[PDB]
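Caption: aztreonam (open form) together with Penicillin-binding protein 1B, bound form.
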2 protein chains.
Amino acid sequence: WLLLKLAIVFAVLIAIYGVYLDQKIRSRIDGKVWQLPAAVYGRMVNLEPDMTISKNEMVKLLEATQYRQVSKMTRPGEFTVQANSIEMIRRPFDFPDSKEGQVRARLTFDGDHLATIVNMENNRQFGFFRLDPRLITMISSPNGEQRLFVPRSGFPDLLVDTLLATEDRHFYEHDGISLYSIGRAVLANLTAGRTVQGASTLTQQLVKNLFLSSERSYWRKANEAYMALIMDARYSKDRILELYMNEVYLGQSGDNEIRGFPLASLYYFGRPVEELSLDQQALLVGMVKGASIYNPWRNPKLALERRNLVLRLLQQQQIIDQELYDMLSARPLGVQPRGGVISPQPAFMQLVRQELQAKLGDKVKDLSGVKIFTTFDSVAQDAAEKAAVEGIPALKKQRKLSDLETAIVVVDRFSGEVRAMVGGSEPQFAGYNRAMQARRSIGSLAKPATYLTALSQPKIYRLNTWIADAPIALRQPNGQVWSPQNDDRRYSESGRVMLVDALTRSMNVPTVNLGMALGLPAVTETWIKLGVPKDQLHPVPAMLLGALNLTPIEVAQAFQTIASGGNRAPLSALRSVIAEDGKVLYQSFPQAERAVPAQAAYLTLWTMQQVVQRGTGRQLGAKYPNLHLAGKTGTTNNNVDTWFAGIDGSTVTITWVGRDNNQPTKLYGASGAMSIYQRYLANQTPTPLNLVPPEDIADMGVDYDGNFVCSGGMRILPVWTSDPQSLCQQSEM
Amino acid sequence: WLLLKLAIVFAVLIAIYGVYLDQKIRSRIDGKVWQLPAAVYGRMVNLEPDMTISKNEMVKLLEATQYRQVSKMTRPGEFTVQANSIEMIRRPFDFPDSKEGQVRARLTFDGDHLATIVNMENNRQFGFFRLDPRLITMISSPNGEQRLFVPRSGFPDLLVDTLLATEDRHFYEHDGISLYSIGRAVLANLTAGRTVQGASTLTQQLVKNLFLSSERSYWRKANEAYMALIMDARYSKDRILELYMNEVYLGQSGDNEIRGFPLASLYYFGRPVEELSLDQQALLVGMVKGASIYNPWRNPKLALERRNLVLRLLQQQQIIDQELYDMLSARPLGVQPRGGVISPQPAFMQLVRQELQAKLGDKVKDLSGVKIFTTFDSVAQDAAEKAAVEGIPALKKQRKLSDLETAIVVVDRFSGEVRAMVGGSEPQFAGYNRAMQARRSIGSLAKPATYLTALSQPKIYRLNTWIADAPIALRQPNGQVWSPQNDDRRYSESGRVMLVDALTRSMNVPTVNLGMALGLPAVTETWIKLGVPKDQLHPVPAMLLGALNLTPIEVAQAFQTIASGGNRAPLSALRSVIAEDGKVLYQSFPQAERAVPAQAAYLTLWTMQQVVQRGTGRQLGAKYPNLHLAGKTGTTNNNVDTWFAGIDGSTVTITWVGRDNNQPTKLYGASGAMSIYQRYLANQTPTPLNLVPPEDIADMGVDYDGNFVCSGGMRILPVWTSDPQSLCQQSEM
Ligand SMILES: *C(=O)[C@@H](NC(=O)/C(=N\OC(C)(C)C(=O)O)c1csc(N)n1)[C@H](C)NS(=O)(=O)O
Ligand SMILES: *C(=O)[C@@H](NC(=O)/C(=N\OC(C)(C)C(=O)O)c1csc(N)n1)[C@H](C)NS(=O)(=O)O
């Protein structure tokens, strides 16, 4: 003719263009679809019968782990409260130790301990019950696209319907050949074009997002149609919407694109997609059309009407009715955290990233769908953050200041595992992390090292050992004379104090005489074993009183070493690093090292309970007498810094209060740091400190003179002896 | 399947795209293909037996009309020269009066006249033989494309072959479907592309030039191919190359695109395409590929090799052989005018355009293929141009000057038809046309008006009338006294001069006395009838001597009025304006008006032959005594201007010489203008002036006293009398 000969030649190369398209769609799908960023999780708590935890403590623990209080549990991630129990649906979690599904459980309490954890489905007791970890954040992926991969089955059939009720019928590929005829006929041609009117199948919307550019292609829709004919031909409808539901752009976080319903549900609502309500699903689905302008942060009015349109669109099709309509529209969209949620826990994340580098180097950022399990505690953090946010403006007002900063570090007493980190007064927005970057003179926090060095010598130094408290003059290597004074510029009437009272009252003059008698090399060695940085130790008499500049985290290591009964446990934020296939890339293990004798650490801890009960920290002791806290105070010269090292039955807490410019704070007696700690304790349930005396510890009596007696005596002090017959040697006088 | 269903849908709209293309190709072709600019032609000379023209004059006339001297006439537009004849092939020309073809004719001479014009094909005498006009220029078309439409038959079969030997086989449409397979296979694909290698049929090259843009369309060649399938399907191969041969870009003229072989042949060679030689055809054809870089003006080396490649390409195919090859390559390309040929005859063209406006207004520029027939003379122009180009540097050297300008105007003595116009010393490049724009004091060129006013009164003023030549003092309307002097500051011994000698010697004092006796209103009226602009006449005594500022063209009208025997014929450059269909848009006709009596003009002309023979212009008279030229001289005060008005048997020539800044030229006695005229006469064949005395003219004798005598007398002067018996009335004394 011949429009066929050449018109047939058109058919040939467009079908081979189609086999250039199929051969390239496979390359994407058959393997790496996206670079899935790392998942960062908090601690995984194991509930156990007889555990020292109360009903009120557990509610706060559950709430802190994304659990919602209800009256009728219908969903996973919910809990009810009774007079003596908690009923919960422990959500399914891919636990490293063993994968688990939903568990309907009852936690029966008998104050202040958990008695039983019973499965409500079989009436059987659990030897131990696992709590799922809370997702802290995602480590930013380079191409700026954030996703949390959830398989097809993770998506509830309802959200699947809510989606189809807005964008499909799903009998597709060919993709609505008749839609193109109406879609282009409605507008009555004429160039365009407005409205088209959303002439796109789910398989057309997928190919667009996954494979094609933003716009300028009227050629694209037809090129996308060509791809939406290949995809639904070789991939089942189940895979189409598995890929689709993880790709869809749903929001923004500065320079990071929030995409896919799984990460979106947590981002806007704080729940994994499986736990979403219908009003929540409808909004999320409705956002798809335009994710940026349907922002419940920026313009709720618009989003509050869209969600409501999806509510009204769903009732039009089969599923719902106005009995559940009128109320669903009334329910406010959010359920909105109200925070920008740009960078969660920045201070604690610096430690995580630093530790990730030290343990795996570079060849870890190469991998996809990585799972990072941290030591992070949600309860301890919230309490520390609150103490900072509330305590700082309170102190600024009382003392009257224009600026004031803080730093809190909470570590496991025994394991060294970091539970909480506060880098400033505004922890929600941080760039300077004072917990790891603020190097400061520790002041009187340097005192226990000297007493721990002395008490490590049980045949020479004991708690009843008399120390001179009289004027000092120390000739130094310039000729200048060092004359240290006690905070009050006074000396003891008798010219002497006992070791026990010298540390209880943080006495300067008796600490120098003790330190100088032991010698600086000896005290310098204790500091090394406690775990402080080697390059910060300058062995001059001044260091016995605080001429030692450390960060709160470095201080936390030193006090952990002593709080654990003499075992130095290197501080850490990493519990494990797991690949998507389940390969254990990194696994932490106990590496605690015996630093100082058990008995020497016990006598220091016992004396530290005395500072809190009757000495420098007595104001705290009187507020919480039943906790028997072991602590130590710090106030540097010219009120530059206030410090507090507090030990409960479970944690070591280092609180620092000072100004970024190193200026006076008008606060003394560790008043700043001690009242921030006071709030931290008031904001949660601290563990009472019950000291287990190690072997060779004997409570001995002394007379007013400080000499051991057989029976009686006016004062009882613990002593490191296998044979308390030091009494006889003393009594024989 | 279904790549056919939709692959068949592709066939449908591309064929209807083809019926959108056919419906739009017709719109262009079926009527106005281009806006064909106006054709401007010189005079059409009619050769006639007994005509006062010599063999040498005719050779120069033929050469000036694009005729070539040869030894063996083989082509139209050629001529041979014998001892007593000229043999020529008068080219075919579309004459307004009657269309004509080639005529092989012999012009037999019998010095100084043409005796016979015989047709060499039938041995028959012509009553009159038409000479074809020379193309001066083309009036610029707005879209900047210049073309001269020649039909299919106007193109010789050889140039047609020379073209096919370079760009075709011509069995086309489909257009070399196999060329696309080789053209794209030779380069071995890979994007491009170099060389393609000229994969284009003549029908593809046409559609490209006529319908499509410059580049960026790999889509264009296929779109052009689609058009090259439609054109050769509905238009015969004869029409294809009729359109093609008028479209092809062949050269540039500043901002005007020279396109099509007809206008190109004249542009580079100076001959209509039918008259081209094979080396000429080959070059022109070869230029097509690239017309700009194959420029015989800019880079001959390149063009001298291309033409030679076309010579070598033609021998490869059938037609030629090296016997006519080696020589054809040796022949230098041009045959090149060597002029930029931007704007031919700019000075004379201003008059044409001015006259075109006055006669047809605006609704003439709307029309296409217009033919303008002018009064322009090639022989007179070349002679005038040469006199200017040679005379001016000659005068600059002799007198020693840094600047000097000129202006020459040549008009038909009887009809007023403008034959030549020079606007400056450099006529080849002009923007200021001094012939129509230089308003100057005419000086002594104002003298004949007064004598013509006096001689118009035959009973009062005659040639023998005595005029006083004595000191003058004229009281004027400020109180100041006008005392004019003769050029030499002397007066006649007798205190008197005769009318005849007063004008012969351009005497100032006797011209004032005569003018004042006639009165200024009378002399002012002669000036009106002569045809000078009414607003330039300021009736004060000073105007009798040259206080009258005119342009050389205005001066040409005044002297034409007197040279024609008293008939004012309004000056013109337009003979006719004809449409392409042959519609006479404008036709000029004789409109001569009786201004002054025949006898008064005769006596002024006779006296003007005396100035040339024995008076002010005697230097010219002695060089050409047999021409009996009637003339008048002019030198303004402070040698600002030199003028000369010269009359031969056929023309009035106004020559002006002066400086643009109105400064001294050191030239007197009309030396500048008179020697430019001298050269103009030496550069051609002037017509001897033979005055036919009108009715009532009688040659009468006068004695030394200036009184009419019966017989004898020492001086014979023509007199306006029906009865020479004024002699008796005089003799009776
Ligand atoms: C302990 O922190 C202790 N303070 C000091 O030893 C320091 N300064 O205190 C003096 C008396 C110099 C003061 O001017 O207030 C000190 C050591 S290092 C450094 N930069 N300053 C206090 C008194 N004990 S506490 O219990 O009050 O905190
Ligand atoms: C004629 O052209 C005539 N010249 C004059 O009349 C003029 N000037 O001549 C004088 C004597 C003033 C001079 O200084 O040279 C004249 C008239 S109008 C004007 N601007 N100047 C001459 C002398 N006759 S001719 O035959 O030589 O040309």
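A, B, C, ... go to the sequence lines in the order they are written. Chain A uses the PDB entry numbers throughout; the residues present, in order, are 67-799. Note that chain B is numbered according to the PDB entry, with residues 67-799 shown in order. Atoms within each ligand, like the ligands themselves, are counted from 1 in listed order. Note that these values count all heavy atoms, side chains included, but never hydrogens, waters or copies made by symmetry.
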| query | At a cut-off of 4.0 Å, which other chains have heavy atoms near aztreonam (open form, ligand 1)? | reply | A
| Site of aztreonam (open form, ligand 1): non-hydrogen cut-off 4.0 Å | A/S507, A/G509, A/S510, A/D553, A/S572, A/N574, A/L611, A/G612, A/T682, A/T699, A/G700, A/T701, A/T702, A/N703, A/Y734, A/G735
| query | When you measure from atom 17 (C) of aztreonam (open form, ligand 1) to every protein heavy atom, which one gives the shortest distance, and what is it? | reply | A/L611 O, 2.9 Å
| query | Tell me, which protein residue and heavy-atom name are nearest atom 8 (N) of aztreonam (open form, ligand 1), and how many Å apart are they? | reply | A/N703 N, 3.5 Å
| message | Only heavy atoms of A/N574, strictly under 4.0 Å: list the atoms of aztreonam (open form, ligand 1) that pass. | response | 6 (O)
| task | Among all protein heavy atoms, pick out the one at the shortest distance from atom 20 (N) of aztreonam (open form, ligand 1); state its residue, atom name and that distance to 0.1 Å. | result | A/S507 OG, 3.4 Å
| Which residue and atom hold a covalent bond to aztreonam (open form, ligand 1), if the model includes one? | A/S510 OG
| query | What organism is given for chain A in the entry? | reply | Escherichia coli (strain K12)
| said: Can you report which non-hydrogen protein atom sits closest to atom 22 (C) of aztreonam (open form, ligand 1), along with the distance? | reply: A/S510 OG, 3.4 Å
| field | Heavy-atom nearest UniProt active-site residue: chain A, aztreonam (open form, ligand 1) | value | A/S510, 1 Å
Could you list, one pair per line, each nitrogen or oxygen of aztreonam (open form, ligand 1) together with any protein nitrogen or oxygen closer than 3.5 Å, giving atom names and the distance rounded to 0.1 Å?
{"from": "aztreonam (open form, ligand 1)", "atom 1": "2 (O)", "to": "A/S510", "atom 2": "N", "distance (Å)": "2.9"}
{"from": "aztreonam (open form, ligand 1)", "atom 1": "2 (O)", "to": "A/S510", "atom 2": "OG", "distance (Å)": "2.3"}
{"from": "aztreonam (open form, ligand 1)", "atom 1": "2 (O)", "to": "A/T701", "atom 2": "N", "distance (Å)": "3.0"}
{"from": "aztreonam (open form, ligand 1)", "atom 1": "2 (O)", "to": "A/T701", "atom 2": "O", "distance (Å)": "3.2"}
{"from": "aztreonam (open form, ligand 1)", "atom 1": "4 (N)", "to": "A/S510", "atom 2": "OG", "distance (Å)": "3.4"}
{"from": "aztreonam (open form, ligand 1)", "atom 1": "4 (N)", "to": "A/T701", "atom 2": "O", "distance (Å)": "2.8"}
{"from": "aztreonam (open form, ligand 1)", "atom 1": "14 (O)", "to": "A/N703", "atom 2": "ND2", "distance (Å)": "3.4"}
{"from": "aztreonam (open form, ligand 1)", "atom 1": "20 (N)", "to": "A/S507", "atom 2": "OG", "distance (Å)": "3.4"}
{"from": "aztreonam (open form, ligand 1)", "atom 1": "21 (N)", "to": "A/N703", "atom 2": "N", "distance (Å)": "2.7"}
{"from": "aztreonam (open form, ligand 1)", "atom 1": "24 (N)", "to": "A/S510", "atom 2": "OG", "distance (Å)": "3.3"}
{"from": "aztreonam (open form, ligand 1)", "atom 1": "26 (O)", "to": "A/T699", "atom 2": "OG1", "distance (Å)": "2.8"}
{"from": "aztreonam (open form, ligand 1)", "atom 1": "28 (O)", "to": "A/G700", "atom 2": "N", "distance (Å)": "3.3"}
{"from": "aztreonam (open form, ligand 1)", "atom 1": "28 (O)", "to": "A/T701", "atom 2": "N", "distance (Å)": "3.3"}
{"from": "aztreonam (open form, ligand 1)", "atom 1": "28 (O)", "to": "A/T701", "atom 2": "OG1", "distance (Å)": "3.3"}

